[PDB]
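Entry overview - HIV-1 reverse transcriptase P66 subunit with d4T-TP in place.
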Amino acid sequence: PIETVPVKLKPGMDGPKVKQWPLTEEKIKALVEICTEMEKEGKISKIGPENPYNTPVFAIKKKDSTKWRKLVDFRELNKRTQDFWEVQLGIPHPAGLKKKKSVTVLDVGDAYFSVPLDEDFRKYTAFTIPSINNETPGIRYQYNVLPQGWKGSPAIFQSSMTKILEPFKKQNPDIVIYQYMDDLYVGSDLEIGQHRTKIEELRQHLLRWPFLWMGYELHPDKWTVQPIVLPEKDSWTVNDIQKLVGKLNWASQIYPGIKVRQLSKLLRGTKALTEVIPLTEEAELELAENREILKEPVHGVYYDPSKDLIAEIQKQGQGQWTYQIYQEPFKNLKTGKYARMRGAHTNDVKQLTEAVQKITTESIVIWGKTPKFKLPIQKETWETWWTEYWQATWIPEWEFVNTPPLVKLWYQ
Amino acid sequence: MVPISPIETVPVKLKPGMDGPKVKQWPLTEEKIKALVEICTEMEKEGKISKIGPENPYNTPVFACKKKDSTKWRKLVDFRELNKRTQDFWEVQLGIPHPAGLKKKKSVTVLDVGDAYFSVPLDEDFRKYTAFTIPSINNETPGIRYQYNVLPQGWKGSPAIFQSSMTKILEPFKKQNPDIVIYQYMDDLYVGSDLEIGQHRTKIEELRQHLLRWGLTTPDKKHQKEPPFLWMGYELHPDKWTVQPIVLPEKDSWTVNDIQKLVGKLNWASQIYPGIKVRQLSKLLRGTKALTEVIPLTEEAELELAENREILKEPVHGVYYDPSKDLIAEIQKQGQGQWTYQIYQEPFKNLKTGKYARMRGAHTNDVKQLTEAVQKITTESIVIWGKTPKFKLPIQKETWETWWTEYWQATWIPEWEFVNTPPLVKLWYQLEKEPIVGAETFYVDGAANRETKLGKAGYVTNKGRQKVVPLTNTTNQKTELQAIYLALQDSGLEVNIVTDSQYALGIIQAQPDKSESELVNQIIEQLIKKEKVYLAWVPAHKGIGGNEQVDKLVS
DNA sequence: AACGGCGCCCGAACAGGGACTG
DNA sequence: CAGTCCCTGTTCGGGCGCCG
Ligand SMILES: Cc1cn([C@H]2C=C[C@@H](COP(=O)(O)OP(=O)(O)OP(=O)(O)O)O2)c(=O)[nH]c1=O
Ligand SMILES: [Mg+2]
Ligand SMILES: [Mg+2]
C-alpha cells in the first residue's frame, strides 16, 4: 500500500558489476539460511543471468553477538546513486551529537524491509551466494524491499522514520537523534542509568510499529586528540638533534612558525652520532618556542561539507596506532591514537580493522561522513583477512599505501 | 506452430540502439556441406529449428569442427557480431570444482546430459535475431534459411542460460533428496551418496526420470556406473583421485609456442606432483615475441626440465576431503623465489600440492614472499574447502616475531607452527635502533646531472676519512645508493651512516635479501658482513652536520 | 575459425610521488 | 610555482594449461 519512490542512477553511470569473493563455510551456511527466510518473506527473489549487475555479499557478527548478520558491500552502488541520498532526500547532521556525554547506536536496518523498492531499481541490488568447491553455480537474488547497507534506504524511510520518532522527540526535547545507514545514533547528557532507561523507551517506541536488543555505547566527550609532541631529554646527542630537526622541518609544513636555526647551529661540523651536545642558551629558547607553537591551533582549519574526508593510519608498534583525518593536506581536522585494541601484540590486521571501524564511527558522529582510508598494508593481505574481523554494518572506502617511517611524526 | 518446452524461458534483450547480425556466409569445403544439411533437417522435425523467409533481414555464418574426437560432428555458430550487440550476462560459474574438495561417498554416478544447449529454449522475442542460411550446394541452390528455437553453441549467452536453467530443474529433486550430493558443472552431473549400490541406482533413475520431464536426456553412452570415473579431467577412485595422464612433448629443437605449452602442462601437473618448477623455462619466454622462433634451452632450464620429467615418472595421487580432520598446509623454499607446498589431513596423504614463485617488487625478502605464499594457499583453501588450513612454515617463531613487530606495514599469518626443514627462512641482517657508540659515522651523499647523466658519490666521516668517486651514466637515485655502498665498503664491522635519501633508506629499511638491481644486491652483501649498522636520515639542504659537508663534495 | 569459467607468466600502458630544473 | 625525470606500483589483455 506504499508507492515506491522512483530511484535513478547518476546520469552516465551503469549499475555495479562487482564479482563475489570466496566465502568460508560458516558464512555460506549463514547466508543460505538467511536468504531462505527472506525469500519466504518476499524481501528477496531469485533471478537469472540476464541481470548483468552484481554486488558482493558476506556475513558478520557484531561485537559480543553470536548471531550472523547479512552484509552487502553496496559501496559501488552507493556512489552510483550519490545524487539521491545527498541532494534529493538528505539527512541533516546535528552538530550537538558529538557534544553529548553518551551516544548509543541502535540497529534499525530491519525496519527498511517494510517499504517496497522501485521495480525499475531492483535489478541493481543483485547479489550472488557462492558455493564451496563450486559444487553448484552461484545462487542469485535481488531485493524487493529497501536493502540494508544501501544509502538510499534511510533516505526513503526518513519520512517514515520521522513520524515514528516524532512523539519521542517531543517527550524528550534534549535528546539528539541521528540516522546514518542502518544505524540510529541517540545522544543525551543524562546519567548512565537515565540514558539507558530512555534508550529502552525508544526501543519500545519502535517495537509498537532482529538486532534491536543491542546498544553499542559511545562517549564523544571522552574522545581525545594526539598532538605533535617533542622529546624532553636531560642530555642531547648529535643523533637526537638530527632527529629533532628532521621532525621540526616536517612539522613546519603544518605550523609555519617553527624554526630550526638555533638547533642546526648545534650540528656544525662532522661529528659522531653519539657525541653529547649541550644545548646553548638560544637553542633552549628556540626549542621552548617551538613547543608552544605545537600547542597553538593550526591556522584556517575548518570542515568543508562539500569535500571528502581522508584518514591516514600509521602502525607505531607495540599495539600503538596513530591516525589523522583531513580534507586538505596538513589541514588535519582531527588527530588521534589507539592502543591496546583487540588483537594487540598478536594480529596486525585485526587491530587495523578495529582502528578503521573506530575512525569511521567517530567521523559519522562528528561530520556525518565516512572517510576514505589510506591503509598501511598490502592489498592482498587486507583482502584476505579483513572480513574475518569486520563487525560494522557499513564499509568505508579505502586505498593502500606504503610509506616507510623516515621520521616518527605522530608518536616518538 | 512449435511446441513450447517445459523449461522456463530466459528473457534476453539486446544493447539499445543496435539491431541484429547481418554477416555474409563463409565459403567452406564440401565436407561441411553434407554434414550440416542433415542437421538442419533433423532439428526441424524435432522442433529445435524453425524455417524463416524474407521477413527476417538477418544472416550469420557457421563454421563447424568435429566433436571431441568421436564419430559425431559439432555445429558452432560464429555469433561474434551478435555477441557485440547482445546484452551482457552475469556468469554464474564462479570456478572449477577440484577433486580434493570432494568428500568420501560410498556410491558415485557421473551423468552427462545429451544435447545440452539444444534442450533449453531460447527467448520467444529473441529467436528472430538468430537467422542463418544453409546452401545445399556450394554454388547452385540458394538454400532455405532457418532460425534457432533453442540455445545455439557459440553464442555468449548460451552457457549462462543452461547453467541457470539446469539449477532450477534440480532444485525440486535436491529438496526431495537432501543427503544426495550433486556436483553440477555445465551438463556433467556428479551424483554421490552413502546409500547402498542397489538403493543408489534407484535414486539415479528417479533423477534421470526427473530430468526427462523437462526434455533432458541422460543416455547410456556417457553413463558412468563404476570407477575409475573420468570427471573434470581426473581419475576418481573409491579412495583416491589422480590427474589424467599428462604427456610432455620431447622435441630436439624447442621454439616459443612449445615452451608455452610445456610450462602450461607443468602448471596443471603441479596440483598433485610435488616440487615442479617453471622458473627457468618461463624465463625463456621473455623478450622474444615470435611464436615460431627456435629458442635453445639453457643449462638452468635443461636441468629444471630434467627434474620435472623425473617427478612425473612415479605415479602420484591425491586423497579426498574428510571434514572431521584438520587441514594442514606445509611450505618448502625451493630457492630463487620458488616455493612449493602440500595440503593434507593425514601425513603423506596429500589432498593437493602447488607452487608459488611470483616475484613482486624490485626488492624483497624471503619473509615477504613466504607471507604471500601463505595468502595464496589460504584463499585457494577457502575456495575448495571453505576454511583456512593450519600452516607448517620453515621459519622460526622468533624470526617471524621480529619481522612483523618491526615492519611499518600491517602483516599477519594465520595459526601456524614451526617445521625444521632447511633451508629455513630468516632475516639476513638487522638495522640498529640506536646509533652505535665507538663506530665511525659516515655522512654520505650523491648527485647526478639530468642532462649529461654524469654524477658523483662519496662520504665524509668524523675521523676525517673522505672519498669522492665520479660516475658515468647514472641517476640521482643510483648515486645515493652508491654513496651508501662506498660507506659500507670502507667501514669496519660497526658503522653509523647518515643519508638524506628517502629513496635509499626506504629500500634498505625493508631488509631485502634479493633485488633486480645489482647495486642493491651488492649493498645487501655488505650489510650481511657487518655486525652493526645504524642508518639515519636527515633533510637535505638544511646545514645539518656533515651532510652539508658531503653535499658540497658531490655537487 | 566459436562461447563461458578458473589458474600461471608475460609485456605494454598507465598512475603516482620524490626531486631537480626553468 | 609547472614540468620533467626516475622508480615503482597496479591493471589488463594475451599466451598457455584445464573444464564443459
Ligand atoms: C566441449 C564443449 C561444450 N560446449 C557446450 C555445449 C554443450 C555443453 C556440453 O558439451 P558436450 O557434453 O561435450 O556435448 P553435448 O552437447 O552435451 O552432447 P552430448 O555428447 O552430451 O550428447 O557445453 C561448447 O559449447 N563447446 C565445447 O567445446
Ligand atoms: Mg553432454
Ligand atoms: Mg642527498
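Just so we're on the same page: letters track the sequence lines, and every chain starts at 1. Any value given below was found using the heavy atoms of this structure, including those in side chains, with hydrogens, waters and symmetry copies removed. Whatever order the structure lists them in is the order used to number ligands and atoms, beginning at 1. Recorded method for this deposit: X-ray crystallography, 2.6 Å.
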Review point. What is the full set of ligands or chains that belong to d4T-TP?
Key: ligand 1
**Study point:** Chains contacting d4T-TP (heavy atom, under 4.0 Å)
**Key:** B, C, D
Practice item. Note all other ligands and ions lying below 4.0 Å from d4T-TP. Key: ligand 2 (magnesium ion)
Check your understanding: What molecule name does the PDB give for DNA chain C?
Key -> DNA (27-MER)
Check your understanding: Which residues form the binding site of d4T-TP when counting heavy atoms under 4.0 Å?
Key -> B:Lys67, B:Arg74, B:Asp112, B:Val113, B:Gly114, B:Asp115, B:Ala116, B:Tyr117, B:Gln153, B:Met186, B:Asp187, B:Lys222, C:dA2, C:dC3, D:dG20
